[PDB]
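We count residues from 1, following the sequence as given. Technique stated in the header: X-ray crystallography, 2.9 Å. Every number for a ligand or one of its atoms is a count from 1 in the order of the listing. Any value given below was found using the heavy atoms of this structure, including those in side chains, with hydrogens, waters and symmetry copies removed.
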Amino acid sequence: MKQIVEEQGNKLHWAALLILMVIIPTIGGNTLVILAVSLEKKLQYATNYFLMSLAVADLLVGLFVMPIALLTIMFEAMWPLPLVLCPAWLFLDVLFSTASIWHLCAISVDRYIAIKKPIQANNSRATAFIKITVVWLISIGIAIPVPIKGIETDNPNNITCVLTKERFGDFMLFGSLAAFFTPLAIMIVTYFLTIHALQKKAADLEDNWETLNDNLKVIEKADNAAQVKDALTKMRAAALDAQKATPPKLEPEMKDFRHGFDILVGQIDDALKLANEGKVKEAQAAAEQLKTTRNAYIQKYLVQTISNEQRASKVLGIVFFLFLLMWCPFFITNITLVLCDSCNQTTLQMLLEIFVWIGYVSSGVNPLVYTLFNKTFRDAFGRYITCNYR
Ligand SMILES: CC(C)CCC[C@@H](C)[C@H]1CC[C@H]2[C@@H]3CC=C4C[C@@H](O)CC[C@]4(C)[C@H]3CC[C@]12C
Ligand SMILES: CC[C@@H](CO)NC(=O)[C@@H]1C=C2c3cccc4[nH]cc(c34)C[C@H]2N(C)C1
């Protein structure tokens with residue numbers, strides 16, 4: 001058919017679109033995160049070492065994967081680079097993309113552990129390296145079938161760098177399950193686990209609050225010393241119990257309310273030492289002054305603890321939701337490409353060519369968006385874009 005003219009002429013304007021909107025924001029966005037953790041001494045702790053690893057994983061996407069992904073648009077007919085670069089590029093493409101997804105899955109669980117068990121800390125430098133290594137080891141095992149099986153290449157060196165359904169059909173199915181849907185399910189579970197964790201934490205703080213106040217009236221209306229003795233001990237327990245629901249202020253220039261329990265317990269011990277000697281009327285007067293410590297520190301500590309754990313949980317879910325949501329158009333399409341044979345797989349491959357760039361920008365700017373809710377990071381970025389540093 002001479003009428004049938006598949007020009008397939010030019011797509012340079014789309015490459016300029018992807019550099020300006022996807023590639024540059026990826027490279028620059030992750031360089032700033034790396035710069036911040038590296039040369040800002042106030043940002044160097046166990047969490048940001050894992051976050052910097054994520055920034056490296058996404059910086060390597062826009063530095064190696066995404067630039068060569070444009071040559072598949074300019075020269076969609078045939079692979080221009082040497083043959084050995086085609087399995088290498090596909091390998092790094094699966095490696096780094098999986099490393100970004102599994103990084104957030106670990107961060108999501110780490111944040112949940114920090115809510116259920118705030119005691120463990122200094123979560124040392126080694127615990128970070130263990131988590132870093134495992135994530136990178138998981139991603140290698142998922143990206144390793146690509147170079148092992150290899151391109152489908154006698155040959156005129158005519159190579160199409162693509163994951164065909166005939167050759168990698170079993171990989172595209174189970175490789176999407178392990179790399180995307182498995183950490184997706186984990187983050188759904190840890191989501192509802194966090195809702196239950198923040199509510200159980202608030203209800204316990206509420207009962208510790210009532211325990212203190214109820215025992216105060218027990219002390220005031222007390223007639224016997226033995227009643228005051230087992231009323232301050234129960235207060236001292238509930239005071240330490242509510243204080244253990246928050247990591248020490250050791251681990252911020254403004255007021256620290258968590259110290260009010262150190263003050264509270266110290267007074268309770270003295271007021272109980274008076275109860276041990278027998279000075280009841282003098283001990284009840286000291287328990288009345290426990291309200292001064294309560295009205296100043298304890299009252300605003302309970303709201304500051306619940307509100308901050310609630311706000312940080314909501315913003316962490318949103319940014320981890322949009323990341324997963326923008327990677328959904330690719331993997332859902334990638335699965336049905338194998339599990340649907342009625343579908344036209346020519347246009348179904350065209351959609352994968354588009355949906356990857358939705359996921360690329362989703363991974364590339366993901367560390368930047370996440371760090372733009374930490375003021376120390378933002379103030380560092382504002383000095384870097386003006387080329388200030390120190
Ligand atoms: C055509 C494209 C792919 C190549 C050019 C893009 C890269 C090399 C350029 C474009 C914009 C540049 C960034 C612009 C802003 C800054 C802020 C500065 O404090 C650190 C470097 C950094 C982050 C630059 C790094 C290099 C950069 C990312
Ligand atoms: C659109 C052009 C085609 C060429 O084959 N490229 C792909 O489908 C590429 C296949 C990939 C892939 C597959 C199966 C499992 C996976 N886990 C992580 C990835 C992954 C990364 C993904 N990259 C982004 C796209």
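- Tallying contacts with ligand 2, the largest count belongs to the chain named in UniProt as 5-hydroxytryptamine receptor 2B.
- The drug name recorded for ligand 2 is methylergometrine.
- Intersecting the UniProt ergotamine-binding annotation for chain A with heavy-atom proximity to methylergometrine (ligand 2) (under 4.0 Å) gives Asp93, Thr98, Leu163.
- Lab note: chain A, UniProt TM segments from N terminus, heavy atom under 4.0 Å from methylergometrine (ligand 2) -> 3, 5, 6, 7.
- At 4.0 Å, heavy atom to atom, the residues around methylergometrine (ligand 2) are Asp93, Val94, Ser97, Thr98, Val162, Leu163, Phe171, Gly175, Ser176, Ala179, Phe330, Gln349, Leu352, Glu353, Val356, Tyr360.
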